[PDB]
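Caption: motavizumab together with De novo designed protein 4H_01, bound form.
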Amino acid sequence: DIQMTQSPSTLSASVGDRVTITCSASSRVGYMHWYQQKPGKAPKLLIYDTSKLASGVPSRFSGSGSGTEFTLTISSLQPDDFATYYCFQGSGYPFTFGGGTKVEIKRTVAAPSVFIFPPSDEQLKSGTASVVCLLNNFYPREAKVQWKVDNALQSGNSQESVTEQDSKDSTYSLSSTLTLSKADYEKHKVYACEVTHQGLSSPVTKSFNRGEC
Amino acid sequence: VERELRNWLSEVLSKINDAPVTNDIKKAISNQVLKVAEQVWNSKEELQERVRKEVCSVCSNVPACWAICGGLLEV
Amino acid sequence: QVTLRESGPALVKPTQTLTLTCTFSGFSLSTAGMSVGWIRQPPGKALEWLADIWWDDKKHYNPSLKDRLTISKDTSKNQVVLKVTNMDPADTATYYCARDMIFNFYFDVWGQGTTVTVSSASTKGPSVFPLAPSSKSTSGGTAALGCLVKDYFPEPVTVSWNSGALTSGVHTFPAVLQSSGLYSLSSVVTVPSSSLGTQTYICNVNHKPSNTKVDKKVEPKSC
């Protein structure tokens, strides 16, 4: 039909670097448009026709190409350019997008702030207890969190979730929620979150006791 | 005069969509018709050949395209 | 100002029929050269164009959904309706309607999007719980607090803080899928410790599928 491959599929680059994403079609196509999509938001028109900036797009964005090869380029990468960029074609039905290109910001290492949240009393009133360990503003996103209840290791009963990269900070945030029954939870005292990260000299442990407060 | 030229505009655009040409050619001719109908804001029988030759310049090389374009503007 | 807004169900059982309504303002589908298209996006997948309608009632559909798509336009009500039939569980996605023109042949102004989930299960509203600024456990020179939104289905929930007054330092984590088969996310915010008692904090959780709306005051623990 009319279908396009973007490359690279993903890419890491420091703030300020020139970055170029190539959308290559399978037919001679008149124009090639470009959309930028932030996480969990609607796509935004970035480059219309082939080289024209849509309203508000900063001058760092340029678009070029012809025939069956097109490129989107950012002159100096900004921390707010974390997004997925899709090329789009409208010269032949059916309209098709490119596969997509995720642009991540390479950053100097940063260590996390480790906080911990005992279960709310309302959740305890419902027979379940959730202990939320929070790692805040760190880089890279690779980080090993481990749960230790009364100094006994834990598996099976927890899940992580990591935010998108910070638009100003290019950092990350992670939450490891550990879930138990009010029964199991009240069978134990100290609850500890141990984090190992690239930015810490050696692993951190934030913990609490059940009765305190 | 706004009503008059806007009637002409809508007519020719509808005729453009029905044409047997790719969406690129439709796009080009449509933007040309827009420019001509909004630069009326900004040799009295040849206008039918001036407008015709301006909006259909987008075809340029290909004679085929000039054909369908002029046909759009005759009716 | 051009503005589109999608509307439709959050849940359809498999083999049912999905009816999506795009409601737009700022332009009309009677004026020439206009168009409205439907683009969907499956989770963790690229975008995918579905359909488009034009002022002269011309219609195009993606061949991939052959026979299952029917788009219709009502210029009187400023609405477009896509109807997709025989809903599969792989057609679970966020559905956008966007504006198009014959001069552009691209979508410039998009709606905010509506997420539809194809499943047998019933809707479930979430439980929202305070992640209280723990006395000693979330403080350095600043202090963190939050809300835990647990055990809901289907996606999505929207979480704001002080009805949008507090926007900075807010980290609303993506929803994870638990063993329960239900989603759960937390939304934390970092503030200065100097403002814990002085300033009140409430989080606004909204689950459109279950029509749940909660506002929970996150207050500190005093030990």
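Chain letters run alphabetically, one per sequence line, in listed order. Numbers in chain A track the PDB entry; the residues on display, in order, are 9-221. Numbering of chain B is taken from the PDB entry, so the residues present carry the numbers 3-44, 47-79, in order. Numbering of chain C is taken from the PDB entry, so the residues present carry the numbers 9-231, in order. Only heavy atoms go into these numbers, but all of them, side chains included; no hydrogens, no water, no symmetry mates.
- Put simply, copies of motavizumab show up as chains A and C.
- With 4.5 Å as the cut-off, the chain of motavizumab (chains A and C) having the most heavy-atom pairs with chain B is chain C.
- In this structure, the epitope of motavizumab (chains A and C) on chain B at a heavy-atom cut-off of 4.5 Å takes in B/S12, B/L15, B/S16, B/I18, B/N19, B/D20, B/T24, B/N25, B/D26, B/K28, B/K29, B/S32, B/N33, B/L36.
- Under a heavy-atom threshold of 4.5 Å, the paratope of motavizumab (chains A and C) against chain B is A/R36, A/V37, A/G38, A/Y39, A/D57, A/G98, A/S99, A/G100, A/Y101, C/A40, C/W62, C/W63, C/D64, C/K66, C/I110, C/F111, C/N112, C/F113, C/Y114.
- As listed in the entry, the molecule name for chain A is Antibody Mota, Light Chain.
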